Colleague: 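Pasting a structure below so you can have a look.
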There are 2 protein chains.
Amino acid sequence: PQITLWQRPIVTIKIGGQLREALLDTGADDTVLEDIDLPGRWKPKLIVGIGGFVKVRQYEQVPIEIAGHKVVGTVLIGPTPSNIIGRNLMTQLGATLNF
Amino acid sequence: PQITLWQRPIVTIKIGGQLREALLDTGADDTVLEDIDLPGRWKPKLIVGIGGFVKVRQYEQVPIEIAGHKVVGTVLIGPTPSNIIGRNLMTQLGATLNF
Ligand SMILES: CC(C)CN(C[C@@H](O)[C@H](Cc1ccccc1)NC(=O)O[C@H]1CO[C@H]2OCC[C@H]21)S(=O)(=O)c1ccc(N)cc1
């Protein structure tokens, strides 16, 4: 799809058998979700956003469906005021910005 | 232009006679710059953000050139780890996300 930016670019995701929404975020290097259970091993990571800092769990090689497209990559779990799909996974969709 | 997202989508901006770079950020509702003097009146705002809160100055009807395109809108000034161009101004460029 093509979408314009008059509203937030929110898409449906499926991860670990649960359905959520997330914002396609070209300003985010990494994908960060809050409201989700992932199984298995993970590593502590701190990420830095406008408001300071947030401490996250890094899950590697996570299967995720984004607007219908299956991909695998890194997902960070931690407090974020909005679930975010970052460029790590947008590149897998061949996403572009156009103007 | 069309750009891909393997690298951060950074563009050149000109504002208030000052040249800067900024990230094109579809996850940001508003444009937020740190490293910049604007003249005139402004209002306090809190914007929220991944690691919490930031206190910003809101400047209205600010002339800004983004990748060569002249627009006017709202610019927030305050601490941000990265200058970001939000949807308030990308809609003025007719920007779209495509996949
Ligand atoms: C500030 C950016 C360089 C970085 N961020 C992405 C950014 O798109 C966030 C993404 C975002 C979105 C909603 C809430 C928190 C963070 N948007 C944001 O801070 O925008 C603010 C300015 O406009 C307002 O509208 C949204 C909040 C305000 S971030 O959230 O800090 C971030 C940083 C690193 C990663 N991996 C993922 C996210």
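Chain A is the first sequence line, chain B the second, and so forth, proteins listed ahead of strands; every chain is numbered from 1. Every heavy atom of this structure was used, including side-chain atoms; hydrogens, water molecules and symmetry mates were not. Counting starts at 1 for both ligands and their atoms, in listed order.
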Colleague: Which pharmaceutical agent is found at ligand 1, per the PDB annotation?
Modeller: darunavir
Colleague: To what macromolecule is darunavir bound in this model, taking the chain with most contacts, per the PDB entry?
Modeller: Protease
Colleague: Which other chains are in heavy-atom contact with darunavir at under 4.0 Å?
Modeller: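 Counting heavy atoms only, the answer is A, B.
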Colleague: Would you say A/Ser82 and darunavir have an N/O pair spaced under 3.5 Å apart?
Modeller: no
Colleague: Around atom 14 (C) of darunavir, find the nearest protein heavy atom and jot down its residue, atom name and distance.
Modeller: A/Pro81 CB, 3.8 Å
Colleague: Return the residue, atom name and 0.1 Å-rounded distance of the protein heavy atom closest to atom 7 (C) of darunavir.
Modeller: B/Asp25 OD2, 3.3 Å
Colleague: I'd like the name of whichever of B/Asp29, B/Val48, A/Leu23, A/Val56 reaches closest to atom 28 (C) of darunavir through any heavy atom.
Modeller: B/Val48
Colleague: Could you name the option among B/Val54, A/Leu24, B/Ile50 that has the heavy atom nearest to atom 15 (C) of darunavir?
Modeller: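 Ranked by closest heavy atom to atom 15 (C) of darunavir, first place is B/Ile50.
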Colleague: Looking only at heavy atoms, is any part of B/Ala28 under 4.0 Å from darunavir, and if so is it the side chain, the backbone, or both, or is it neither?
Modeller: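 For B/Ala28, backbone and side-chain atoms both sit under 4.0 Å from darunavir.
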Colleague: Check the entry and give the organism for chain B.
Modeller: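 Source per PDB: Human immunodeficiency virus 1.
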Colleague: Heavy-atom contacts with A/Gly49 under 4.0 Å: which atoms of darunavir show up? List them by number with element.
Modeller: 31 (O)
Colleague: Determine whether the side chain, the backbone, both or neither of B/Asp30 has a heavy atom under 4.0 Å from any heavy atom of darunavir.
Modeller: both
Colleague: Just let me know how B/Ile84 lines up against darunavir, side chain, backbone, both or neither, with a heavy-atom cut-off below 4.0 Å.
Modeller: side chain
Colleague: Starting from atom 4 (C) of darunavir, find the nearest protein heavy-atom neighbour and note its residue, name and distance.
Modeller: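 Looking at atom 4 (C) of darunavir, the protein heavy atom closest to it is A/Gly27 O, 3.6 Å.
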Colleague: Can you list, by chain and number, the residues with heavy atoms within 4.0 Å of darunavir?
Modeller: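 At that heavy-atom cut-off, the residues are A/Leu23, A/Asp25, A/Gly27, A/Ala28, A/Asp30, A/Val32, A/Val48, A/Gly49, A/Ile50, A/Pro81, A/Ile84, B/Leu23, B/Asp25, B/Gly27, B/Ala28, B/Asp29, B/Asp30, B/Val32, B/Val48, B/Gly49, B/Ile50, B/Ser82, B/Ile84.
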Colleague: Give a table of atom pairs where an N or O of darunavir lies under 3.5 Å from a protein N or O.
Modeller:
| unit_1 | atom_1 | unit_2 | atom_2 | d |
| --- | --- | --- | --- | --- |
| darunavir | 8 (O) | A/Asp25 | OD1 | 2.8 |
| darunavir | 8 (O) | A/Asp25 | OD2 | 2.9 |
| darunavir | 8 (O) | B/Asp25 | OD1 | 2.8 |
| darunavir | 8 (O) | B/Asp25 | OD2 | 2.9 |
| darunavir | 17 (N) | B/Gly27 | O | 3.2 |
| darunavir | 23 (O) | B/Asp29 | N | 3.1 |
| darunavir | 23 (O) | B/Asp30 | N | 3.0 |
| darunavir | 25 (O) | B/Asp29 | N | 2.8 |
| darunavir | 25 (O) | B/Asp29 | OD2 | 3.3 |
| darunavir | 36 (N) | A/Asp30 | N | 3.3 |
| darunavir | 36 (N) | A/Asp30 | O | 3.4 |
| darunavir | 36 (N) | A/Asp30 | OD2 | 3.4 |

